[PDB]
Amino acid sequence: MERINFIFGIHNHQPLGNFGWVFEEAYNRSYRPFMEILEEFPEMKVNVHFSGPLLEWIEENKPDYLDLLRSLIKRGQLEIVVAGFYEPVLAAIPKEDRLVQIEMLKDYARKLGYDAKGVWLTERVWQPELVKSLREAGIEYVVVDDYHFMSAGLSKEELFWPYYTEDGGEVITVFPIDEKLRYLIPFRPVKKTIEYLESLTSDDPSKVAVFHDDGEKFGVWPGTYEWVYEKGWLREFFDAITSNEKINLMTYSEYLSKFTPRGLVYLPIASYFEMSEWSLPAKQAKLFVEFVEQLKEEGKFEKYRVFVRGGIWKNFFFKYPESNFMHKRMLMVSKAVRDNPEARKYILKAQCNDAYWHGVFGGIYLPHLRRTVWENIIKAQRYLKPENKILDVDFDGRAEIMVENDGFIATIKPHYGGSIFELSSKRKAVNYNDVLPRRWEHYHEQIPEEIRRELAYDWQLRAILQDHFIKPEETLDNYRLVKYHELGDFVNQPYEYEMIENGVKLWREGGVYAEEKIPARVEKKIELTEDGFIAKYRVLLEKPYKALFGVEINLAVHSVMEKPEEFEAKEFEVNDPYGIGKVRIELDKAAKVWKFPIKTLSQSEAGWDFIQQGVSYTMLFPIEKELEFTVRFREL
Ligand SMILES: C[C@H]1O[C@H](O[C@H]2[C@H](O)[C@@H](O)[C@@H](O[C@H]3[C@H](O)[C@@H](O)[C@@H](O)O[C@@H]3CO)O[C@@H]2CO)[C@H](O)[C@@H](O)[C@@H]1N[C@H]1C=C(CO)[C@@H](O)[C@H](O)[C@H]1O
Ligand SMILES: [Ca+2]
């Protein structure tokens, strides 16, 4: 009967911090071939979204590509879709930042010759109040998933039309991405998509199905270049989709200029379905997966999927404390820097979402993406006057201590081993502790043997000046892996503190539990210096007992595929050119240095691999009753 309207869109994005070859590959593998083929089919209509950095990379490297986009826009083949310039997850940044973020990209769209009216929701993380924000930015529609609607209570059958939604008395139009099309396109043969769309036709001329997904899926994703281009999937699809009398191709704006949204509906906090898995704590994510698989295993996932639920994106801040700290620190800086445009631009760049979470691969686990966020938090803050302060930054209920001078910002957590969790260099714009601890993930456990022997999961978070207590006969390999016997209770327990001039005095009354609790007291005087910091230690035991006290210092060493190593040293240097640079650790007394890379499990189609998140340096000093020494970190 009536034709079925079809909306085709792509979303192109490269997170800040990506290697140059990555942009080049995505452009050659996807961005360019895709538009060249679109140019060949005058009747094809595409709704495309480009992230700000991407458009900036293109203007600098591939200017001609922009002339092609202007042309296609001019011939009615492209509707430019926007969002937050630097791909922030809108719901996770200040409302003020949402405005400027979107307008920066609206300005760019405008320069391609198109007044953007729609927004691609980054990671489709929805919150009711985004309505107000999108509305203030002049946006008339946002792109979400069918799953957001199913979660609200509607059945898939009533999701082939866009809907209105309101908040604060403001209303905006919402289009749902048909999950099926995300799997049919472009991975399955063309006929599979044509058959599906044709079966959707009804007596309702306004019915519409929506496809909108990653542009990189058409060429970059493993295997897609061969399938989409070498084997002609795109050319065959564009020909089929434009030569079908039951399928009416149109852009989002064209649809709204002809059909009114079906009605009013309210959406919960959600994202696309797959995200319901990743955003759950590892244990629960595993259960979620078992549940989904067992439903499919009993051929009943299809009729019951509308009731399946999982986590929400913001909970990555719970799953990864390092992401939460990163996030809250940028929120802190965004506020203090809001009236300074030059400074503010840096904080807006720090809101690029990728490094804040982890799906099946990458994200927060890629040091280069993480350092880029930190790099920007630091550059924005550098415009502010240094000022020490006590406050609960990551909201765990126990204040942090921020000590800072003209060249550094150190964040101490008295509650957790009185350690330094953040040592940011204002000169290098690097956080020396921009590392991650080794954690189990629901998708772990197949993994090869060569890697299993190097796998280990931490019980300790990782910071700087982490006080240990091990047996003289303890081995590096036992320590490296988490097998060793930690005699003390100072690594993850609270420390008393006293503020001083340019630093803090920390001390803890604990004990060295071996054969009997032997009460101990660790003291550390941390003071910021112009090129780092210095810590004067004074360990004390209540009763004699041969042992080894160790001060651990984790470092965001990224470009140094370091390996386990133990050596004798009073002072040693570290040279990490592409990461934290050059630094020196000086002791006033020699010690046994234990070094090892922090390895994290990374899954790819090329099997399992390892990502070095940083390196741990532990300076061991023997102790029986009294121990006194000084450690100095120096930035070169
Ligand atoms: C992370 C990604 O999730 C969503 O993507 C899903 C695709 O739409 C699905 O079709 C499916 O793709 C798999 C193929 O079916 C399969 O045959 C094989 O080729 O592997 C594909 C990938 O596993 O599953 C995808 C989820 O795994 C979503 O639509 C997409 O926008 C999301 N991409 C964002 C995430 C990151 C990571 O930080 C960014 O690099 C992207 O630019 C974002 O758009
Ligand atoms: Ca806290």
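Going by the PDB entry, the residues shown for chain A are 1-445, 469-659, listed in order. For ligands, and for the atoms within them, numbers begin at 1 and follow the listed sequence. Both backbone and side-chain heavy atoms feed into the values below; hydrogens, waters and symmetry mates do not.
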Exercise. Identify the drug located at ligand 1.
Key: acarbose
Quiz prompt | Chief chain touching acarbose (ligand 1), naming from UniProt | solution = 4-alpha-glucanotransferase
Self-check item: Binding-site residues: acarbose (ligand 1), 4.0 Å heavy-atom cut-off
Solution: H11, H13, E123, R124, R182, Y183, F187, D213, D214, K217, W221, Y272, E274, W278, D354, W357
Exercise. State whether any protein heavy atom lies less than 4.0 Å from atom 33 (N) of acarbose (ligand 1).
Key: yes
Exercise. Write out the residue and atom name of the closest protein heavy atom to atom 35 (C) of acarbose (ligand 1), then the distance separating them to 0.1 Å.
Key: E123 OE2, 3.3 Å
Practice problem: Quick one: look up the protein heavy atom nearest atom 37 (C) of acarbose (ligand 1) and list residue, atom name and how far away it is. | Solution: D354 OD2, 3.7 Å
Self-check item: Protein contact of atom 25 (C) of acarbose (ligand 1) - nearest heavy atom, named by residue and atom, plus distance
Solution: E274 OE2, 4.2 Å
Exercise. Please write down residue, atom name and distance for the protein heavy atom closest to atom 9 (C) of acarbose (ligand 1).
Key: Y183 CZ, 3.6 Å
Exercise. Please write down residue, atom name and distance for the protein heavy atom closest to atom 12 (O) of acarbose (ligand 1).
Key: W221 CZ3, 3.5 Å
Exercise. Decide whether an N or O pair under 3.5 Å exists between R182 and acarbose (ligand 1).
Key: yes
Practice problem: Tell me which protein heavy atom sits closest to atom 31 (O) of acarbose (ligand 1), plus the residue, atom name and distance to 0.1 Å. | Solution: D214 OD1, 2.5 Å
Exercise. Give a yes or no on whether atom 43 (C) of acarbose (ligand 1) lies under 4.0 Å from any heavy atom of the protein.
Key: yes
Quiz item: Judging by distance only, is a nitrogen or oxygen of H11 under 3.5 angstrom from one on acarbose (ligand 1)?
Solution: yes
Quiz prompt | Which of the acarbose (ligand 1) atoms, numbered from 1, are nearer than 4.0 Å to a heavy atom of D213 | solution = 7 (C), 8 (O), 28 (C), 29 (O), 30 (C), 31 (O)
Quiz prompt | Identity and separation of the nearest protein heavy atom to atom 14 (C) of acarbose (ligand 1) | solution = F187 CE1, 3.5 Å
Exercise. Among all protein heavy atoms, pick the one closest to atom 28 (C) of acarbose (ligand 1) and tell me residue, atom and distance.
Key: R124 NH1, 3.3 Å
